[PDB]
Structures are given as structure tokens and as C-alpha cells.
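Here, residue 1 is the first one in the sequence, and each next residue gets the next number. One-based numbering, in listed order, for ligands and for the atoms of each. Computed over heavy atoms, backbone and side chain alike; hydrogens, waters and symmetry mates excluded. Per the header: X-ray crystallography, 3.0 Å.
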Amino acid sequence: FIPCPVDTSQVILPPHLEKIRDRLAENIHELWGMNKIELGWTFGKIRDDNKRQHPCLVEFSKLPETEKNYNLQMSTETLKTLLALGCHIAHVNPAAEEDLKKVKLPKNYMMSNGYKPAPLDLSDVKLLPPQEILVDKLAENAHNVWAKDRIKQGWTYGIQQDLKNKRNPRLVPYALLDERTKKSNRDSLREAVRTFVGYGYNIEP
Ligand SMILES: Nc1ncnc2c1ncn2[C@@H]1O[C@H](COP(=O)(O)OP(=O)(O)CP(=O)(O)O)[C@@H](O)[C@H]1O
Ligand SMILES: O=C1CN(/N=C/c2ncc(-c3ccc(Br)cc3)o2)C(=O)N1
């Protein structure tokens, strides 16, 4: 398999966008954390799958650095992909970042070590058709960068998953992937673009 995403090599992130890059990394983690609780996952200091344990059930500020820093790199590369695709990222209203509310996660969405995700409540945020074809493209590219970075870490495909010999069945072309995983990814990058407009930024090629 040969994944190659958009080439962001020559793009430079502006320093004033390093904050929306971090806000985006927090929220996408909060969206990941919420759905993981819905899949029957709780907090724990050691990775026990049969016990529904995962250390990174804590808030974004408390993740280990080898895991936390990859999220901030994936956020940066998604921002650079927009600029590489010819989009200008501007700022529309700064008060939009203060007229931001978060979602009322029920009491069950409170974990053992006080971690309770609270993503931005962006259910009021509609997307134009051009923005739904861009989000669909963005989620496909996000798969290629994830696939190549694991291949560059030594990962190969396998019929079943192995967390030690680096094999994983999801390292396939985006058209080869199961539709359940595609949809999960397309939704996550949908909320990514929503976070930009939700924080008051504009995105037009
Ligand atoms: N699809 C995704 N979207 C956003 N963040 C993800 C992500 N997948 C993993 N992460 C990030 O990685 C951290 C969780 O560690 P990990 O990489 O092992 O995920 P995971 O255990 O769910 C993969 P698997 O589905 O195989 O179990 C979290 O902090 C999370 O933010
Ligand atoms: O097919 C797949 C694709 N994929 N995605 C890896 C995921 N890990 C971290 C992130 C991420 C995305 C956006 C932002 Br902003 C910040 C972090 O992407 C996976 O795990 N199997």
C-alpha cells in the first residue's frame, strides 16, 4: 500500500494560528474522549483493554508527551493542508470565541479521575456543500498521513490487530476501508472545520 497525502512541505504556520491549532487539538480529543466513553471505555493508569482501561482518558493537558505531541502535530498538518489546498484562514469575529458553549455531557460522562469531556456545542453550525466536499477530502487525506506515519514507524497490514509487532488491518486505501471507519473520520474533521468557523475563523479558497 502506498499512501501519499497533500505535500505540506513548503507551507509555514503563522504564529497567530498556533492557538486555533491548539484549541482544535483539545476539542478533537474531547470528541474522541466522548465517543470512547460511549464505546465502554473508562480511565486507568495502565493500558488494560479487557478492563476498558486507557491512560489517555484524562484531559488533553495530562496526556503523555509521545502521545500528546502527535495530536498537536496532526492538528498542525491539517491546518497546513488547508493552506496547501489554497484556502485562506482568516478571522471573522473574536467574540465568537467567547460566545462558545460546551455540551451538557450527562453525569455518566464523568470518569474516575475527574475527566469528563466537554466538546464545543456546535450543533448550531451548518456547512455549505463546498464545505462538505472539502471535509470529505480532508478526512481522506487525514487517513493517508496516519497510514504513512505508521508505515514510517514500521507498521504493516494484518488480518487481525497486534499492538506489539506493529500490524493493523485499517492500513488500507481509503476506498478499501470499511464505511464505519470512514464515517467516524469524516465526522471528526467535520467538527474540525466547525471549530474554525465556531471560533470565528473563515475558510475560502
Ligand atoms: N481518530 C482519532 N481522532 C482524534 N484523536 C485520536 C484518534 N485516534 C487516536 N487519537 C488520539 O490518540 C490518543 C489515544 O491513543 P491511541 O492512539 O492508542 O487511540 P486508540 O487506542 O483508540 C486506537 P484503536 O482504535 O486501535 O484502539 C488520544 O489522545 C486521541 O486523542
Ligand atoms: O484510519 C485511521 C485514521 N486514524 N486517525 C489517526 C488520528 N490520531 C490522531 C488524529 C488527529 C486528527 C486530527 C487532529 Br486536529 C488531531 C489528531 O488522527 C486512525 O487511527 N485510523
Got a name for the drug at ligand 2? azumolene
Please provide the name that the PDB entry uses for the chief contact partner of azumolene. Ryanodine receptor 3
Heavy-atom shell of 4.0 Å around azumolene: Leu24, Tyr70, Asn71, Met74, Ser75, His143, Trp146
